[PDB]
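Complex: saquinavir / HIV-1 Protease.
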2 protein chains.
Amino acid sequence: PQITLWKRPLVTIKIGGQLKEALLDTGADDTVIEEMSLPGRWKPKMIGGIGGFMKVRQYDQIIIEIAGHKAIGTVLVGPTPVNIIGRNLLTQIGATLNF
Amino acid sequence: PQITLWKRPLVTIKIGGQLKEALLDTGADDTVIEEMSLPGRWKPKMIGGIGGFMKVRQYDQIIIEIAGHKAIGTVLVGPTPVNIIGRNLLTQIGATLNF
Ligand SMILES: CC(C)(C)NC(=O)[C@@H]1C[C@@H]2CCCC[C@@H]2CN1C[C@@H](O)[C@H](Cc1ccccc1)NC(=O)[C@H](CC(N)=O)NC(=O)c1ccc2ccccc2n1
Ligand SMILES: [Cl-]
Ligand SMILES: [Cl-]
Ligand SMILES: [Cl-]
């Protein structure tokens, strides 16, 4: 699709069998999803943005569908206010910015 | 132009007579620039992101050139470590996300 930006670019994702809403975010390096159960071991990560830092759980090699497009990659889990699809997965779905 | 997302989508902007680097940020509602003076009136605002909230100054009707494309809108000024061009100005330059 071609997504304009008059509204937030929210899409459906599927992760852990579950549908969620998430924001397609070119400003985010990483993908951050609200607290949920994911399989396997996790590693620590500290992320930062506009109001400071957040500790998250880093899970690697997670299967995730984004607006119908399949990705397999790193998902950070933590108390984020919005599920964010960052560039690590935007690149897997072939997304670009155009003007 | 078409901008891929392997790296942060940074572009040159001109604001307040100054050249700066800024991030094209589809996940940001607002445009937020590091501390600088701008003409005219302003009012305080609190904006949210990962980590909580940041206090900023809100300046309206500010012209900005973004990668060569003129736009006008609200610009927030505060202690951001990265200048961000959010949707309020991305729309004005005709930016879309494509996949
Ligand atoms: C997600 C993470 C990997 C931590 N990356 C970032 O957060 C980087 C950090 C960079 C350095 C600091 C300055 C911002 C830039 C860009 N951000 C990405 C950037 O796209 C970021 C992602 C985001 C969206 C929604 C909620 C939280 C976080 N957006 C923002 O910080 C913008 C700022 C604004 N008010 O316009 N936030 C929002 O547009 C926004 C929208 C809805 C919300 C609901 C509840 C609480 C907060 C909400 N914030
Ligand atoms: Cl990844
Ligand atoms: Cl505006
Ligand atoms: Cl349009």
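To find a chain's letter, count down the sequence lines: the first is A, the second B. Just so it is clear, chain A uses the PDB entry numbers, and the residues here are 1-99, in order. In chain B, numbers come from the PDB entry; the residues present are 1-99, in order. Both counts, for ligands and for their atoms, begin at 1 and track the order of listing. Looks like X-ray crystallography, 1.0 Å, at least that's what the header says.
The ligands or chains that make up saquinavir in this structure: ligand 1. By chain letter, those with a heavy atom nearer than 4.0 Å to saquinavir (ligand 1) are A, B. In terms of protein heavy atoms, atom 42 (C) of saquinavir (ligand 1) is closest to A:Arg8 NH2, 3.4 Å. Against a heavy-atom cut-off of under 4.0 Å, B:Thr80 is close to the following atoms of saquinavir (ligand 1): 13 (C). The closest approach between a heavy atom of B:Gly51 and any atom of saquinavir (ligand 1) is not below 4.0 Å. Looking from atom 43 (C) of saquinavir (ligand 1) to the surrounding protein, the closest heavy atom is A:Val82 CG2, 4.0 Å. With hydrogens left out, the protein atom closest to atom 27 (C) of saquinavir (ligand 1) is B:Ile50 N, 3.5 Å, a heavy atom. Closest protein heavy atom to atom 16 (C) of saquinavir (ligand 1): B:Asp25 OD2, 3.4 Å. Within the set A:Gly49, B:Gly49, B:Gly27, the minimum heavy-atom distance to atom 29 (N) of saquinavir (ligand 1) is found for B:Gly27. Counting only heavy atoms of the protein, atom 14 (C) of saquinavir (ligand 1) lies nearest to B:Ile84 CG2, 4.0 Å. Distance check for atom 12 (C) of saquinavir (ligand 1): a protein heavy atom is found below 4.0 Å. Comparing heavy-atom distances from atom 46 (C) of saquinavir (ligand 1) across A:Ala28, B:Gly86, A:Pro81, B:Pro81 singles out A:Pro81 as nearest. Saquinavir (ligand 1) lies nowhere less than 4.0 angstrom from a heavy atom belonging to A:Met54. Comparing A:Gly78, A:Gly48, A:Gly52, B:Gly78 against atom 4 (C) of saquinavir (ligand 1), the shortest heavy-atom distance belongs to A:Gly48. Contact annotation for B:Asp30 and saquinavir (ligand 1): heavy atoms of both the backbone and the side chain come within less than 4.0 Å of the ligand. At a heavy-atom cutoff of 4.0 Å, saquinavir (ligand 1) is contacted by no atom of B:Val32, backbone or side chain.
Nearest to atom 39 (O) of saquinavir (ligand 1) among the protein's heavy atoms is B:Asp29 N, 3.0 Å. Set against the non-hydrogen atoms of B:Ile47, the atoms of saquinavir (ligand 1) under 4.0 Å away are 35 (N).
Per the entry, the organism of origin for chain B is Human immunodeficiency virus type 1.
In this structure, the binding site of saquinavir (ligand 1) at 4.0 Å (heavy atoms) is formed by A:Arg8, A:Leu23, A:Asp25, A:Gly27, A:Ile47, A:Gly48, A:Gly49, A:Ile50, A:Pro81, A:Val82, A:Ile84, B:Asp25, B:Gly27, B:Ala28, B:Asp29, B:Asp30, B:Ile47, B:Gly48, B:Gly49, B:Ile50, B:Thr80, B:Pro81, B:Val82, B:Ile84.
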